[PDB]
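Featured here: a structure holding lesinurad.
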Amino acid sequence: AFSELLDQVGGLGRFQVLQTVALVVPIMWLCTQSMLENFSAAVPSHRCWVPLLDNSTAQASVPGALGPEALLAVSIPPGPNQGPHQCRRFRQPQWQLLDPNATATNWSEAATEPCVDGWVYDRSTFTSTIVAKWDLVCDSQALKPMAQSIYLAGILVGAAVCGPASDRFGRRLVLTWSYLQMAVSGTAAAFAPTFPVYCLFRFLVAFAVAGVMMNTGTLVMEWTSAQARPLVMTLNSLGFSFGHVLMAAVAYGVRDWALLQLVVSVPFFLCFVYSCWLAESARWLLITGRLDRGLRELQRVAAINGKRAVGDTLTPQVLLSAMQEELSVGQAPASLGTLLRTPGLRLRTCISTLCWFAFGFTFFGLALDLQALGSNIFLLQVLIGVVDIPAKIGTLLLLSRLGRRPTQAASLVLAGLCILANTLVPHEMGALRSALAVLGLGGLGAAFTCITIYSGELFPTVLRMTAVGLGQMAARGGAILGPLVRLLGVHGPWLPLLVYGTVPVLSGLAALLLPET
Ligand SMILES: O=C(O)CSc1nnc(Br)n1-c1ccc(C2CC2)c2ccccc12
């Protein structure tokens, strides 16, 4: 509402605290939904099915007993990197390779049989997985990143439909609808019998995620005081930061792809239930002509804040007079035609969108394939969640006592360089490998928070929202494009990481040209 009304009702008080907690608690269970891919779509070791071992009759037919290690060679070509071929097998058994004296070079995949009877996955760490369920290996390997991209695509669609809709129906209504949509879509995805059905439900879940994010952010921004809008927006982000730790904790308990999804998505039903008691933003109600509901909402907030006499004295006449400043000046959003046309503003917007896209691309291309960064995924997730908090908190202090531009450049460049170095280190040493990956991810989070604080300040007041929205769209597009880099993994696992580490470095170096403050 207007400053005078929000002051007579109370800037920061009990109701603020309550609504912020209510709206931040779901953010953890939404970061869990976003990061569920790491655990529900893990890729375990997958040898090729062979009748000799799986079928006990053939194995028992041979007199005596033969060790599995020796009997696997006679039916699996020696694959690259001194290991069994994951997608090939021997068409017929070859006892010649059984003798260790003979060199195994002659035994190769020249006359190997492509997997016909299916794959045998390991269940030591994951009882079941999407990859092990729908055989997303070998020829279908590329289908794994695609499912991650489509989900991200949904987010881009959600922000494209939850913007105007929320501006015509409200924030509380769309928030409740998105909560229920997320709950139902996540519950239904657990029972998907085919890959396309699961992908469609994941896309709907992403739609709901975008809706929830935008609506909760807008409600928090509107119901908070002017001097603390970015602060509580960064609190919204810190909720996701702790959702990382929540995801790490939940995965270690349930080892499955359906039970994990169901447990992750079921709390959103309770979210929808209690979401019917939140407060619709009074600002939107007043500017959109809803006066009685706005008055009721303001009185409710004031009573909750402990001021009943102040609310009792409010009248529609004063309510309209307070909002006359906004009613008379009917600010309409400005199109990009008045933004990119000015030559003196092109470089700023270009660099801003470059930074937004670089983060949205590298971060979500790296975090989705968390297995490639380190040794085990649980420790990586826990450390990411633990470290992203202090980095984000310290970024604010750096901004306070240091310029915005140098902090942005340093954070982005250091994150990119750490990601690049993570690839160069020998693969045997996993400790520094995971440490460098964690430091790079924390630096990326710090850079994201810094750019979020920075983007609004460069552009004038009138054009700030257009530039912010353009940056968010660029970040979502980069997120969509991020997983597609892993498609360039057939050449080697190093190329995707090299791309992911080279992009942030160049973006940071470019981010030193835009003016300070
Ligand atoms: O705007 C807000 O309310 C803050 S959202 C936030 N917090 N940490 C992070 Br990473 N992000 C996020 C930042 C950016 C994105 C988009 C895809 C490019 C995200 C997409 C899904 C989930 C979190 C996201």
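Quick note: numbers on chain A are straight from the PDB entry, i.e. 2-518, in order. Ligands are counted one by one from 1 in listed order, and the atoms in each one are counted from 1 as well.
- Going by the PDB entry, the chain with the most contacts to lesinurad here is urat1.
- Proximity annotation for atom 14 (C) of lesinurad: of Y152, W357, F358, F360, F360 comes nearest, heavy atoms only.
- According to the entry, the source organism of chain A is Homo sapiens.
- Within the deposited model, no covalent partner of lesinurad is present on a chain.
- Heavy-atom distances between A476 and lesinurad reach below 4.0 Å in at least one pair.
- Residue, atom and distance of the protein heavy atom nearest to atom 23 (C) of lesinurad are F241 CE1, 3.5 Å.
- Residue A480 has at least one heavy-atom neighbour below 4.0 Å for each of these atoms of lesinurad: 17 (C), 18 (C).
- Close approach to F364 involves these atoms of lesinurad, each under 4.0 Å from a residue heavy atom: 10 (Br).
- For atom 6 (C) of lesinurad, the nearest non-hydrogen atom from the set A207, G361, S35, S238 belongs to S238.
- For lesinurad, the polar-atom distance check against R477 finds no nitrogen or oxygen pair separated by under 3.5 Å.
- In terms of protein heavy-atom proximity, atom 19 (C) of lesinurad is closest to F365 CE1, 3.5 Å.
- Interface of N237 with lesinurad, defined as ligand atoms under 4.0 Å from a residue heavy atom, comprises 2 (C), 3 (O).
- Within a 4.0 Å radius of atom 12 (C) of lesinurad, the protein contributes no heavy atom.
- Under a 4.0 Å non-hydrogen cut-off, the residues that form the binding site of lesinurad are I156, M214, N237, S238, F241, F360, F364, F365, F449, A476, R477, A480.
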